[PDB]
Asker: 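First the structure, which I've put down as structure tokens, then a few questions once you've had a look.
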Protein chains: 2
Amino acid sequence: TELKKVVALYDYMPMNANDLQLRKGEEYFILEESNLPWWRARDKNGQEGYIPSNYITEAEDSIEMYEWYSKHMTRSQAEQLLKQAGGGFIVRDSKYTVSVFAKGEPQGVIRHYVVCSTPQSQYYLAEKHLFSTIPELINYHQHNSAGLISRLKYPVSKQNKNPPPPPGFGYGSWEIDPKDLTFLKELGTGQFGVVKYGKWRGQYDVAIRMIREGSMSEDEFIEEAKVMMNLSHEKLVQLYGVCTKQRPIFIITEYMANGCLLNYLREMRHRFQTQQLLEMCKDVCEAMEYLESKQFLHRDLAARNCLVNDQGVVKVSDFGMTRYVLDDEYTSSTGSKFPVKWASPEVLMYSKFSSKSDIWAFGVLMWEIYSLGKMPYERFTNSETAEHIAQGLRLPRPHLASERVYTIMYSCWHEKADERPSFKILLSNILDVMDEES
Amino acid sequence: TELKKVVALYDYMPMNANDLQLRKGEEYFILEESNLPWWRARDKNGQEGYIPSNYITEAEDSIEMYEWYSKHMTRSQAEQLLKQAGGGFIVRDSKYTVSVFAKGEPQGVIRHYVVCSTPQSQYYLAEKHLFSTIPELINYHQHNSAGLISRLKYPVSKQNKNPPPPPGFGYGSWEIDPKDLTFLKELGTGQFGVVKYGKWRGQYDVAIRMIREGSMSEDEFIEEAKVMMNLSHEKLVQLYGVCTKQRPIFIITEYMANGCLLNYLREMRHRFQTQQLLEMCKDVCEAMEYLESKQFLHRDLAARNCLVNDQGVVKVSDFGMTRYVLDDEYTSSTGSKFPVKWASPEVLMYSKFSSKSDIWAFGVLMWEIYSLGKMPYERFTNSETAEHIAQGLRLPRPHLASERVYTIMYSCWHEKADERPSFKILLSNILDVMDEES
Ligand SMILES: C[C@H]1CN(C2COC2)CCN1c1ccc(Nc2cc(-c3ccnc(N4CCn5c(cc6c5CC(C)(C)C6)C4=O)c3CO)cn(C)c2=O)nc1
Ligand SMILES: C[C@H]1CN(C2COC2)CCN1c1ccc(Nc2cc(-c3ccnc(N4CCn5c(cc6c5CC(C)(C)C6)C4=O)c3CO)cn(C)c2=O)nc1
């Protein structure tokens, strides 16, 4: 049947003819197993005989066969023998513990590192390398195992690295030269004029926005043009400059290939997925957090007022351009072209726009992003919408929105403006839910 | 004042005379810090000028300066770029996470190892090497750091290794030869005869126990001598043999230098400390657990009935010798020499000794060990002791005993015998409290 084998704990010289000579380190195969103190075994040389049971070590008992494990050693005695030894690695039972000495530093320092046991029969240690430097840890794992699937010696970078939008086509270059502008095609028309994609110096992809007669207050616009030019963020359209010497003054800004994210979600639904609109909302929230840090108010925040580039990243645009609108039906709170769908309570009532109103509009933007572009309150009217917002009604939950993101965009719509979240904490929560989704 | 410096995220060619040429990798010292998008810096070559803020990386921002960290990377996109890369170490923000690929095994396997942040500004990873072999882990740490005070390459062993007691002076050697016995000195007198320390064959330290006339039932003793010889344990005195051919029959057993632990704790109080009596109790409990596994009953368990050797380890002795006593005053339950102090309720009442009675006696032994040898119920008498044990009284807590060990030795004294603990769980609890003390 099955055969048993043990190691020679110590060495024994047969005091009796019926005994076998044990020799420390020479494994012996037990021939019979009983409860008596002596059992018959056989040696590699071929001799067999009875031998003491107090001299055998089971195959799995190799722990005792080693010169480190010491079941008798405790967390105190071990430190007393490690101080007299004066770094000695000594193992003791406790499912075990290890002790090492510290060597400079004459005051001996002892550590009691405990050995933990995995539920899957494995063993490890509750100790972390504690790298105070991330690249130092990356280099360590690069030249070590550390229980990883492989060494961290295969960087995962990309070659599609494009510089960011130049904060203006040159320092102090507020006035663009129409001669440099290289009009190429047309990008549609805007509230104040017509757009067209060209190239500054024929080497920088710019989007020229020519104005319409009696559409914007060019004077005030140029007055605050330096201000609006000082606004620069990754998720923010980069205003390159303005050609004011020529009429209509040309607002040369960053170019976005996909155009309005609203149409991107309502027509270009064959280029993204349901797991990316959250990243779009993160981009929008980052832009809003920046413009809030700048004490600037978007004033008009909506998918229509956001653009998307070839890389698929969404960025806010037309930041704070309302102040330079001439259409009364759009500027007035009771006008027809006024976006009541995204407007807020205090706005619609007393015209008290604020960062809280921008947060309300951002919540509406998240709702429509998750709705794929469906218009808010498609069934209601400009007055019924205010009625329902006052009564307490809120936009429903899109079929693709989780309860978490719905709670986010709902907190964005708190009746009390002073209670509405800030864009910073909104971005924090969006990042949290993103890390959870992923 | 203080000087600032950053790294060149990308490379920039001055489109304007007021600009400075940025070159990826060339650190630049920012001359002035503002909120504008362009700031003036100076280069190592000595040239200074305005440069974009979107191209600078703070010194602590080196994370982005590396080609691994990717704040945009998520737990999904990262796995999509790692599968197309097909083990690539890619870091992303999340306070961070790392991803590596698996290479054999054509079905790509990706891991999402998260990077943890210590409260002390350090960084580590929630990953264990998971060594399924203790000596394999010891070898790994022996040739690695693993965040240890030092490599596990300094064994902490001792040269004072003595073989254990030979389970008898030879196999089947039940009858010792008085000629071999080498009587040396005297060790005192016992209940049945007189003792003396000698040497078997002049080479094995043995303790001969010569019997007294009309003190023991030599016939029954020799009858069960093979049985009592089959009892062998580390914390158990090792009966070497019996010379029955000569009168008085000499019980040659293991020699213990310190003698009775009772006198060891009552006179030899200049060789141990208050942190070792717990180990003594552990030794006694191990012996009791073994003799319980053997369905053998000590019958008389007490510090007096335990010996100690030069190494300071205590071992039980005279295991089950009561059956071979001739003194009626000691055998009878109502006799004068009967140890009522250690006796149990059922014993004193109906004479129903059992493993529960042995557990009671072991609790009493622990109490007296922690009392330094004080006699149990020094004020009471044989009858008042039973009175108080029946009423519910129990031995008090020695000044050196913690509430935990007191609860242990108190559970040892449960009124209901069927409820008294087992020696196995008692040893488990003693080991637990020992690891806690240490
Ligand atoms: C999507 C493709 C589809 N393609 C079809 C498919 O085969 C042909 C045609 C092209 N089309 C396309 C591509 C790219 C772009 N990109 C860009 C659009 C615009 C743009 C265009 C028209 N109106 C506007 N708006 C709309 C908002 N708004 C304006 C002014 C004001 C507002 C609100 C206000 C009240 C604050 C005032 C305003 O100007 C804008 C945004 O400035 C600006 N910039 C810089 C671009 O890069 N757009 C569209
Ligand atoms: C401590 C030093 C001090 N030293 C002084 C200091 O300067 C001089 C003198 C020596 N002394 C000393 C040293 C070593 C030893 N060791 C040994 C003691 C004994 C021993 C001695 C006397 N009585 C007994 N008992 C006592 C218990 N018991 C006996 C028989 C029975 C019992 C109970 C019963 C009812 C079941 C029956 C019985 O025999 C024993 C235990 O067997 C046996 N063995 C094997 C030893 O190795 N003892 C004493």
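Order of sequence lines = order of chain letters (A, B, ...). Residue numbering in chain A adheres to the PDB entry, whereby the residues present occupy positions 214-299, 302-309, 314-322, 325-659 in order. Here chain B follows the PDB entry for its numbers: 214-299, 302-309, 314-322, 325-659, in order, are the residues you see. As the structure lists them, so they are numbered: ligands from 1, and atoms in each ligand from 1. Per the header of the entry, the method used was X-ray crystallography, 3.4 Å.
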Asker: Any chance you know which drug is at ligand 2?
Answerer: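 You're looking at GDC-0853.
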Asker: Can you help me out? I need the name, per UniProt, of the chain with the largest number of contacts to GDC-0853 (ligand 2).
Answerer: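 By contact count, the main one is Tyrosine-protein kinase BTK.
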Asker: What other chains come closer than 4.0 Å to GDC-0853 (ligand 2) by at least one heavy atom?
Answerer: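 Heavy-atom neighbours of GDC-0853 (ligand 2): B.
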Asker: Identify every other ligand or ion with an atom closer than 4.0 Å to GDC-0853 (ligand 2).
Answerer: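 Answer: none.
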Asker: I'm curious whether the model shows a covalent bond from GDC-0853 (ligand 2); which residue and atom, if any?
Answerer: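 Covalent link: none modeled.
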Asker: To which UniProt domain do the majority of residues of chain B contacting GDC-0853 (ligand 2) belong?
Answerer: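 UniProt calls that domain Protein kinase.
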Asker: Please indicate which organism the PDB names for chain B.
Answerer: Mus musculus
Asker: In this structure, which residues build the binding site of GDC-0853 (ligand 2) when a heavy-atom cut-off of 4.0 Å is applied?
Answerer: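 The heavy-atom binding site is B:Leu408, B:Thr410, B:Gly411, B:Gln412, B:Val416, B:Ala428, B:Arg430, B:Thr474, B:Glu475, B:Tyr476, B:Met477, B:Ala478, B:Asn479, B:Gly480, B:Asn526, B:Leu528, B:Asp539, B:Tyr551.
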